[PDB]
J.: 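Following up with a structure containing cycloguanil.
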Amino acid sequence: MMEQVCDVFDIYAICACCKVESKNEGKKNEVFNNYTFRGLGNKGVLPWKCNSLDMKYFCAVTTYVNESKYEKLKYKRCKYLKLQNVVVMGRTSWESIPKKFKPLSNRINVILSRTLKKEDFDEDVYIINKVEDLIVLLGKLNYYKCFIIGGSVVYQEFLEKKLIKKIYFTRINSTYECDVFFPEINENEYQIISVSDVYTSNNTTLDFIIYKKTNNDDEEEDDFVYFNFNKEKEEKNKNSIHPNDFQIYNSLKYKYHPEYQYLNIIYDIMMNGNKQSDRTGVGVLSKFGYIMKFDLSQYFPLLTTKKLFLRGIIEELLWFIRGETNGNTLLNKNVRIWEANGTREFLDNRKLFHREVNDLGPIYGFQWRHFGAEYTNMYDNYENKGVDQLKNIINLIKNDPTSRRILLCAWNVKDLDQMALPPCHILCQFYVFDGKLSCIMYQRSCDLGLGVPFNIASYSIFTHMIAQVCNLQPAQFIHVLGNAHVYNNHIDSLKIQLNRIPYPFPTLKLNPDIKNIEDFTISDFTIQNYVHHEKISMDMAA
Amino acid sequence: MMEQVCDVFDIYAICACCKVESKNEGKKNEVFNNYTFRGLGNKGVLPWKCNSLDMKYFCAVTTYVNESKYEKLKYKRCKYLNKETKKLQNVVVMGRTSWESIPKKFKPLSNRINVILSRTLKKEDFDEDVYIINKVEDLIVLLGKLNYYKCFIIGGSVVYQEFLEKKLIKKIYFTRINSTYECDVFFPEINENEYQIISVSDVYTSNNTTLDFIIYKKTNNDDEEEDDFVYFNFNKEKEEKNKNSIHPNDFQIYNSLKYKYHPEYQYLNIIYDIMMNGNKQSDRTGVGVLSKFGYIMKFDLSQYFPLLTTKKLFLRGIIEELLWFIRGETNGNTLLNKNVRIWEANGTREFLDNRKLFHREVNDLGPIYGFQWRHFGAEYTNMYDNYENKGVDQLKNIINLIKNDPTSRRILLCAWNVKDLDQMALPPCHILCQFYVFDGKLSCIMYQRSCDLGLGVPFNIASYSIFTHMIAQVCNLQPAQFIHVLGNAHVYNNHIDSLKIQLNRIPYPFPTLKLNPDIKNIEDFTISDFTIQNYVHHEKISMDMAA
Ligand SMILES: NC(=O)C1=CN([C@@H]2O[C@H](COP(=O)(O)OP(=O)(O)OC[C@H]3O[C@@H](n4cnc5c(N)ncnc54)[C@H](OP(=O)(O)O)[C@@H]3O)[C@@H](O)[C@H]2O)C=CC1
Ligand SMILES: NC(=O)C1=CN([C@@H]2O[C@H](COP(=O)(O)OP(=O)(O)OC[C@H]3O[C@@H](n4cnc5c(N)ncnc54)[C@H](OP(=O)(O)O)[C@@H]3O)[C@@H](O)[C@H]2O)C=CC1
Ligand SMILES: CC1(C)N=C(N)N=C(N)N1c1ccc(Cl)cc1
Ligand SMILES: CC1(C)N=C(N)N=C(N)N1c1ccc(Cl)cc1
C-alpha cells in the first residue's frame, strides 16, 4: 500500500557533476562535501566535452532492461491506476544532443518543453507539457524504468516534487567553467548507499555513487546454509564495539571504492582483532596478514576519509634515495618523522650508548645504497662501499625485466641491533610486463590508524619514481601486511572515519624531465584534485 | 514434461562414510577413489562411535527449513497430485536397525518427522510419535499427505541401497571421515553416471580425525540493488586472454562444481587464474611460462595438514632438506647420501661455473638458507668449515622471541642476505618468515619471491607447514595459520596439460601431521619424528610428459 509515485513508476535521476572553480579561492579548495561536485553544464554543452567512461555508464544504465522482471512492475502500475526505458529531459538538453545520435538509440525519448509541438516531432519522440503530465504518459506506456537525464531545471523541480527514487551521480574529479549546477541534495532526503571503483578517463579521475531516497537453483541455496553450519554465532569485540557506531558504514550496499580496502581492514581488526600487550603501555587490537591492491594507472591512493600531507614523506623518500642516516637532515626541513627514534633516551634504550643523537644507524637509506658495508657514523664517506641495491634493481628493470630477483631489501639481519629501529617496511619486489611496473611491499608491523595511510602513499610515489626512470607506466601497488594493529586510543577516531564516504582519488604528477632516480626534488611532485574530508587526530587526547 | 518423484517431494540422502579396514597384501601404495569412503556402520553402531562435528552437521542439515519456499513447494507437490485451491519440519526416513541404534533420550529425532521402514514391527510396537511403513511406496503416499520441507533418507545401508536403486535420491550429503575403522556395513557404490560431486566443503578436525562434506547430485539422462550491481560491472570485459590456448571443455568437472571451499582450491584457483589470465614470458633457453604477480593462500594447520591430494606427493625429501636447513648445512652431499636430489642440479660443476663460482667444490652450495639461518653475516669459506658462534643465529633468536616476547612484531627469519646472493649457488626463493603469537597459538607468514606452481609450490606449502609445527612445538604453542604469499607466480607451459588434468580431480580430505611430542628443541628432530596420517590422494602426475 505505497502511496508514492516515484516508487511505483520507478522514476530515477542520473547525472555527472564536476568541480566548479570558485572565483574567490581558485582550484585548491579549503573544505569539501557532497555539494563539491555540482558543475552540470557550460555554454549549452558539458563542462568537459566527452568523458568516454561516463558516457558508457550513462548508456549502459539507461539502456539496461530486465524483461523477466517487468510483469511485477506493470502488475502494480496498472493496479495503482521489445521493452525499453524512459529518458525524460528538458528542451535545452535535447538540443545539445548531436543529430546522428538523437533521439537516443534504444531509449524512450520524452522532452519536457512548452514551445515544442507534437507535429515537429515523430510519433516515437514524445513531448510533455509539465511535471504531472509525465506521470500519465508513463501509464499509457510500456517501460522498465524512467530516467531523468536533465537538465538542471528538470532536476531542480523533480527533487522538490520528491518524484526521485534514486540518483545515479557521477563525480568528475576535476575543475571546469560552468553556468548551470545540480541542486544541493538534502542529506535528509537522499543518502549515498553505494560508491563504485575509481577510474581515469579523458585525463581525469571519476567514480560513480548512488543516492537513495531515505524511507524515513534453490537446491544450491540451502546448500550454502549447510556449509555454514559451523560459522561463528558472534564476534570477539562485537560487544566492546557497538553497531549504531557504524550505521552509515554498514548501510552501504556496494563499497567498491579502493579506500574501503583500508577501511574494511580497520573494521575487521575492530570486530575481530586480538587484544594484546604493548610496551608503549596502551593496548591494541591485532590480526596477522592482509592484502591491499591499488591500480596506480587509475588513481593515486591517497586517503580521502581524512586529510593527509605529503611533503614529509616525500622528503623521507628522497632522504632514503640519497642513502642518508642523518636525522638532522630531516629535522632541518621540519620533517619530524624520525625525531623520536634519534633522541638520547631512545638511542640509549636500544643500548646504542656510543651513538650520536639523530644518527639513526644503518637504516633504510644505508641498506638501499650500501648493504653489507660497515657502519661507522652518519658523517662518514661510504662511496662505493657495500651493495647498491637501488642501482641494481633499476638496471634489472631496464635490462632484465623478466627477472624474479628484482628486490630491494632493508631487513639486514646483521645490522638490526645497530639500527635505531628495525625497518617496518621489509622489502620491495618489482614486476614488469608489457611496459608496466607493479610493486609488492611487505610490512612486518602496521599501525593502521596512523602509519599505514602514509605507508600507502609513500610506496605508491616510489613505484611512480622507479617506473618513470625506467620508461615504464606504474601499474599495481600491492601492500602486504604482516602484524596489523590498531591502537586502542585510535578506535574513536577510526569509528568516525569509517562512517565517512570516500571521494574520488586524486592523481600524482611527476616532473617528466627527471630521468634518474637520484634527480628528484621536492618541487618535482604535485598531487592534483585531492578532495578530502577534514583532518582527524587519531589521538584525540591532544 | 513428466515429473520425477525425487524432485517433486525433494527426497535427499545424507550419510557419513569412513575408510574400511580392508586388506593391503603388503602393498604400501594403495589406490584411491571415492569408493574409498564407504564404511557406514559396524555391529549395529557407527564405526567411529561418535563425531561431534559430523553430528552437528547432520542436525543442521536435517532440521533446517525455510518456511518461505514451502508456499512454492506446496504448489508443486499439489499440482503433481492434481490437487489445488504449525512449525514446518523436515521428514527423516530410516530403517529398523538405524532406529534401534539411536539412544532413547534422542528418540524420536527432535524437531523432525520420523519415518521408520519395517516389517517385523508395527505401530503398536512403538511408544514414540513416529510413522511406520512396511514398504517404500508408502513413504511416497505419506509424503503426499504431509506438510514438510524436505525428506532425508538417513540410513541404513539396506535403506540407502533401495532408494538409490529405485532412483529416489535427488542429492547425497556425504561426509568423508578420513580414518579407518572396523566395519560390517557399507554404503552402495555411487554410479559416476548417475551422480556427480558438485560441492566440497572446507576440511575439519573432530575427534582425532579430519573430515569434509561433499554433495553428490543426480545427473541428467532488497531486489532492486540487483540492478545496481549490473551497472557497476558495466566496465567488465567478458574475455580472458588465454582462453584460446586453454579451451572451456578442458575444465568440465572443475567448472561444474558449485561450491569450492576445500582449502586445496586456493592452490587450484591460482593455477586456473594463471592459465586464463597469466602473462606470456620467456625463461632459460626459450622455455615458456605464464605468470601473474601477487597471490595469497591460507591454511588452518589446527584443522589439517595441507598436503595436496589431487596428485601424489612424497615428503621424505623436503623434510630432510628442512633438517639440513636447521643444522645450518650447505653441503649438498649430505642430502645426496640420503638419496635426496632436490639440490643436485644446482651443485654441479657446470652449474657452479655458470654462476661464476669457479673455486667452489661440486655440491658446495655456498651461503644459502641453512647458513643464513644460523650464521647470517659470517664470511663463507667452504661447506666444511666450522662456523660455531659466527654470524647471527636467527633461528635461535626467533625461538627466544616467541618464548620470551611473544607479542614482538620482529619475529622474522630472513634468508635473503643481499651481500651473499652472488655467492649462493642460487638466490633463495623463500625470502622470509614472520611469526605471530596469540592465545598460545602460533601463525606464520612466508613470502616467496618466485613460485613454480606446477612443481615447487606444492612442496613449499608442505615444508613451511611442517616448520610451523616444529617451531610451535619447541615453543609449547599450538600451530594455527600458515599464510603463503606469492610474488612472481608462474606456470611452465610444459606443465599446462598436466595441470589441466589435476584441476579436474576432486580433492580428498587432507591428512594430519604427527610429531614426536618428546622433541623440545628445534635441533633435536630426526626423520623418524615425522608422521603423515590418512593421506588419501589421487594418482601421481608427472608434470613433464616428455621425460
Ligand atoms: N551533467 C549532467 O548530468 C547534465 C548536464 N546538462 C547541461 O546543462 C545545460 C542545460 O540545462 P538547463 O539550462 O537547465 O536546461 P534544461 O535542459 O533543463 O531545459 C529547460 C527547459 O525545458 C522546459 N522545462 C523544464 N521544466 C519545465 C516545466 N516544469 N514545465 C514546462 N517546461 C519545462 C522549458 O523549455 P521551454 O519552456 O522553453 O520549451 C525550459 O526552459 C546544457 O549545457 C547541458 O549540456 C543537462 C542535463 C544533465
Ligand atoms: N554412517 C552413516 O551415515 C549411517 C550408518 N548406519 C549404521 O548402519 C547400521 C544399520 O544399517 P542396516 O544394517 O542396513 O539396517 P537398516 O537401518 O538399513 O534397516 C534395515 C531394516 O529396516 C527395514 N527395512 C528396510 N527397507 C525396508 C523396506 N523396503 N520395507 C520394509 N522394511 C524395510 C527392515 O527391518 P525389519 O527387520 O524390522 O523388517 C530391514 O531389515 C548400524 O550399524 C548403524 O549405526 C545407519 C544409517 C546411516
Ligand atoms: C552523459 C551524461 C553527461 N552523464 C551522466 N552520468 N548523466 C547524464 N544525464 N548525461 C547526459 C546525457 C544527455 C544530455 Cl543532453 C545531458 C547529460
Ligand atoms: C550421524 C550420521 C552418522 N551423520 C551423517 N552425516 N548422516 C547420517 N545419516 N548419520 C546418521 C543419522 C541417524 C542414524 Cl540412526 C544413524 C546415522
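Chains are lettered A, B, ... in the order of the sequence lines. Shown for chain A, in order and in the PDB entry numbering: 1-81, 97-231, 283-608. Numbers in chain B track the PDB entry; the residues on display, in order, are 1-85, 96-231, 283-608. The way this entry was determined, per its header, is X-ray crystallography, 2.6 Å. In each ligand, atom 1 is the first atom listed, and ligand 1 is the first ligand listed.
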J.: Please list all instances of cycloguanil by ligand or chain.
T.: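 It maps to ligands 3 and 4.
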J.: Going by the PDB entry, what is the chain that binds cycloguanil (ligand 4) with the most atom pairs under 4.5 Å called?
T.: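 Most contacts: Bifunctional dihydrofolate reductase-thymidylate synthase.
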J.: Name the other chains in heavy-atom contact with cycloguanil (ligand 4) below 4.0 Å.
T.: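 Other chains with a heavy atom that close: B.
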J.: Just curious, which residues make up the binding site of cycloguanil (ligand 4) with non-hydrogen atoms under 4.0 Å?
T.: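 With non-hydrogen atoms counted, the site is B/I14, B/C15, B/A16, B/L46, B/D54, B/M55, B/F58, B/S108, B/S111, B/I112, B/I164, B/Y170, B/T185.
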J.: Show the atoms of cycloguanil (ligand 4) that are less than 4.0 angstrom away from any heavy atom in B/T185.
T.: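 Listed by number with element, the hits are 6 (N).
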J.: Based purely on interatomic distance, does B/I14 place a nitrogen or oxygen under 3.5 Å from a nitrogen or oxygen of cycloguanil (ligand 4)?
T.: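 There is such a contact, yes.
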J.: How far is atom 10 (N) of cycloguanil (ligand 4) from the closest protein heavy atom, and which atom is that?
T.: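 I find the closest protein heavy atom is B/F58 CD1, 4.0 Å.
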J.: Nearest to atom 11 (C) of cycloguanil (ligand 4), what protein heavy atom do you find, and at what distance?
T.: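 The closest heavy atom on the protein side is B/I164 O, 4.2 Å.
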J.: Suppose I only count heavy atoms of B/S111 and a 4.0 Å limit; which atoms of cycloguanil (ligand 4) are within that range?
T.: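 Counting from 1, the qualifying ligand atoms are 15 (Cl).
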J.: Nearest protein heavy atom to atom 15 (Cl) of cycloguanil (ligand 4), by residue and atom, and its distance?
T.: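 I find the closest protein heavy atom is B/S108 O, 3.2 Å.
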J.: Check whether any N or O atom of B/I112, backbone or side chain, sits under 3.5 Å from an N or O atom of cycloguanil (ligand 4), and answer yes or no.
T.: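 Among all N and O atoms of B/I112, none is under 3.5 Å from an N or O of cycloguanil (ligand 4).
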J.: Help me out: which organism is listed for chain B in the entry?
T.: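 The entry lists the source of chain B as Plasmodium falciparum.
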J.: Does any N or O of cycloguanil (ligand 4) fall below 3.5 Å from an N or O anywhere on B/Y170, backbone included?
T.: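 Checking cycloguanil (ligand 4) against B/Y170, an N or O pair does fall under 3.5 Å apart.
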J.: Among protein heavy atoms, which lies nearest atom 5 (C) of cycloguanil (ligand 4), and at what distance?
T.: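 Here the nearest protein heavy atom works out to B/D54 OD1, 3.5 Å.
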